[PDB]
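Consider the following structure, which contains CB3717.
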Protein chains: 2
Amino acid sequence: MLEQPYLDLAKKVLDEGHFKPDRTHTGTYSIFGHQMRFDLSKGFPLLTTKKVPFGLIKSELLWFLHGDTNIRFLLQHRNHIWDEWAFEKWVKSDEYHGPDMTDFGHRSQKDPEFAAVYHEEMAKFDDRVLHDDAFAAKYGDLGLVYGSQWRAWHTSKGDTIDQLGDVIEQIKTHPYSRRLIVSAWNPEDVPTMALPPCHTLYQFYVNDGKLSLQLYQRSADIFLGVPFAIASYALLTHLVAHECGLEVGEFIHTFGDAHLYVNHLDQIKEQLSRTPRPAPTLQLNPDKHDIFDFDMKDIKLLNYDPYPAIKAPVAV
Amino acid sequence: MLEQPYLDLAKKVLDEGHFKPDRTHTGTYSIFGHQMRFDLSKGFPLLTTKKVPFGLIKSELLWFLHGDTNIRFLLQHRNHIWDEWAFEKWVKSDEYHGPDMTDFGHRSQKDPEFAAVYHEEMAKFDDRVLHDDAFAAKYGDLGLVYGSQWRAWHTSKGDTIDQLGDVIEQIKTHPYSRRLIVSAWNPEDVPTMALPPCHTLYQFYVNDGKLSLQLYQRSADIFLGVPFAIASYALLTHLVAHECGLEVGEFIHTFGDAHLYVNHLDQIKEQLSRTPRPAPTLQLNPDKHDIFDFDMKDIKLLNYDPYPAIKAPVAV
Ligand SMILES: C#CCN(Cc1ccc2[nH]c(N)nc(=O)c2c1)c1ccc(C(=O)N[C@@H](CCC(=O)O)C(=O)O)cc1
Ligand SMILES: C#CCN(Cc1ccc2[nH]c(N)nc(=O)c2c1)c1ccc(C(=O)N[C@@H](CCC(=O)O)C(=O)O)cc1
Ligand SMILES: O=c1ccn([C@H]2C[C@H](O)[C@@H](COP(=O)(O)O)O2)c(=O)[nH]1
Ligand SMILES: O=c1ccn([C@H]2C[C@H](O)[C@@H](COP(=O)(O)O)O2)c(=O)[nH]1
């Protein structure tokens, strides 16, 4: 079955995994260096052993593809995956005249009442981002995020490079190119970034009329993070190809620090007790050809039968 | 035996390898996505089935480690690995008042007499770089090369970042860090680079008191290029550790386009007929502790018994 690599990945970390503390003071079992292979021509690799919100992946990907960096887009799509990053900025700023919110995300876990207040403030913040246009341009723009790194890389001359754009055009004009690379890592920016990109860089490739992509992930939360990444990128490879009049090849995921947080250990064996069922089929609108124009409705996922969703705590 | 991965790598490309043309119009057999593992604690991975010039690796690595970008250093070390890049610049410039040199590197293969003239001009150029100090600052500086990317990344504010330096310091102060990354890929520079870096990025890692490095190579010449890279980086991992008071872990090589040029096919089966013998031991001077100060004599390779060197044509 397609998704097997992920199960084999988890199962392996449990075994060869060596304990190793991390930033968020939770414990984690690690394996450095691992690469897995998914043949995107046998089915979409959206896990069936545990319900994963494809709707989220979808909207988040488009966001990036528009070179967009403001929250508003995701909010106008029910996506809150990036709230904390914007909300945090909002709390450490002059205007935030509310209750205590320092370390909100971590305190929420052992809330004195904090949960209800944080969850409510978030509504207040989100809403105004959504409505107060000036407020949005002030606290909804995260600034440096995958979209602006892929589509608006700021040069040393005050200009912007549309990496992804060109990579696409290049693929069309020189498909056998060895330098079809989009880079999310900027030596100057990470030194002061909240969360330096995890999906560090990816490389395109063509051969026998098929397109392939290799993502280099420096750090991954096997249980929580890794499933989303697979879908996110596996999709990109589908979209890009359609736009190139190319067949679909393989999604290759290379890892730096693949890890499994201790608090996750019980939920993961749980997943390993499940037997994966046939993998869903992705369907892309055949009329629209410029991916940058694809809208939420232009991507369909046929036959996604999955096991109930397994919950687990997030460690910041 | 240690070096086995490389043999297994070659053997594999020969098998699963799909024909694919490239820039230099030579044919090549490819495999996209491959990762190999070398446990740097069992021996130095300097191939024994074919004589590889460690002396060259050594000097070339130091060069980089000094954040140096001029040829002079390598010349003052018998290294000519980067001559063509500087020589080319010299030929397309106003001062080069000599014979025909356009496409020199490719014409050399089927020389009308070209070989002797090119080889002699190179002496003239090299010599003056070596001596005429002004000439050196003009044609010996390649400018953007691994050293200036590792040690002098130019920011959008006219400053320079010493990526590698910091990564080292970081390793010392936060060994369990997931962002120990040095990047050779700059979105602005490659668009006009002679040869965008092949050794794109690498990541450091620490655990159980051992240091590990994963190199992400976008494109590799299995026969000619890949052997050098192994040694080059496997060394760096040794040097960095010594400087960190760390044990040596593993060298992990991840590939984008691993390839074997057609003109190489005969020489490679030849190598596969050989049985590798025990791998050499690296010995680092125990007195010197700041790698940036290591000099050619501070690195020793004990017991390097190798099979005679296999020659093969270079395709630019
Ligand atoms: C793209 C991308 C990856 N990302 C980005 C991302 C960024 C920082 C991280 N930080 C940590 N500690 N672990 C992560 O998994 C992680 C992931 C994700 C972002 C949000 C959710 C999330 O909120 N999870 C859902 C549950 C989803 C599921 O597992 O079914 C939730 O609402 O609880 C998942 C992945
Ligand atoms: C670090 C690094 C990689 N590099 C850099 C590098 C840069 C561009 C390339 N371009 C192509 N076409 N193939 C390559 O192998 C290659 C390698 C190398 C640079 C020079 C030699 C070289 O001149 N070879 C020796 C023979 C060495 C041997 O194989 O034993 C010679 O003098 O013939 C080898 C590796
Ligand atoms: O697809 C993704 C994206 C991000 N993250 C995670 C990786 C780490 O768990 C955490 C960041 O910790 P650092 O790597 O920055 O140390 O965010 C994932 O798990 N999966
Ligand atoms: O260790 C190294 C460094 C560079 N190159 C090669 C890779 C390609 O053979 C050639 C560059 O072609 P492109 O990837 O740029 O297309 O230089 C290697 O083979 N090995």
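The lettering of chains (A, B, ...) simply tracks the order of the sequence lines. Numbers in chain A track the PDB entry; the residues on display, in order, are 1-316. Note that chain B carries the PDB entry numbering, so the residues on display, from first to last, are 1-316. Just so you know, ligand 1 is whichever comes first in the structure, and atom 1 is the first atom listed for that ligand.
To find every copy of CB3717, look at ligands 1 and 2. In the deposited model, most contacts to CB3717 (ligand 2) involve the chain that the PDB entry calls thymidylate synthase. Lab note - other chains with heavy atoms under 4.0 Å from CB3717 (ligand 2): B. In the deposit, the organism given as the source of chain B is Lactobacillus casei. Not a single N or O atom of B/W85, backbone or side chain, sits closer than 3.5 Å to an N or O atom of CB3717 (ligand 2). Put simply, atom 6 (C) of CB3717 (ligand 2) has no protein non-hydrogen atoms near it, under 4.0 Å away.
When non-hydrogen atoms are compared, CB3717 (ligand 2) lies under 4.0 Å from the backbone of B/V316 (N, CA, C, O) but not from its side chain. Only side-chain heavy atoms of B/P53 come within less than 4.0 Å of CB3717 (ligand 2); its backbone N, CA, C and O stay farther off. Note that atom 29 (O) of CB3717 (ligand 2) has protein non-hydrogen atoms nearby, at separations under 4.0 angstrom. Remark: distances from the non-hydrogen atoms of B/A309 to CB3717 (ligand 2) are all 4.0 Å or more. Protein heavy atoms are found inside the 4.0 Å sphere centred on atom 10 (N) of CB3717 (ligand 2). Closer than 4.0 Å to atom 16 (C) of CB3717 (ligand 2) lies none of the heavy atoms of the protein. Taking distance alone, with nitrogen or oxygen atoms compared against 3.5 Å, B/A229 stays at or beyond that limit from CB3717 (ligand 2). When heavy-atom distances are rounded to 1 Å, the UniProt active-site residue of chain B nearest CB3717 (ligand 2) turns out to be B/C198, 6 Å.
Using 4.0 Å as the threshold, B/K51 has a heavy atom nearer than that to some atom of CB3717 (ligand 2). Nearest protein neighbour of atom 1 (C) of CB3717 (ligand 2), counting heavy atoms only, is B/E60 OE1, 3.0 Å. Within the 4.0 Å heavy-atom cutoff, B/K50 counts among the residues contacting CB3717 (ligand 2).
Applying a heavy-atom cut-off of 4.0 Å to CB3717 (ligand 2) picks out B/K50, B/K51, B/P53, B/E60, B/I81, B/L195, B/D221, B/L224, B/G225, B/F228, B/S232, B/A315, B/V316.
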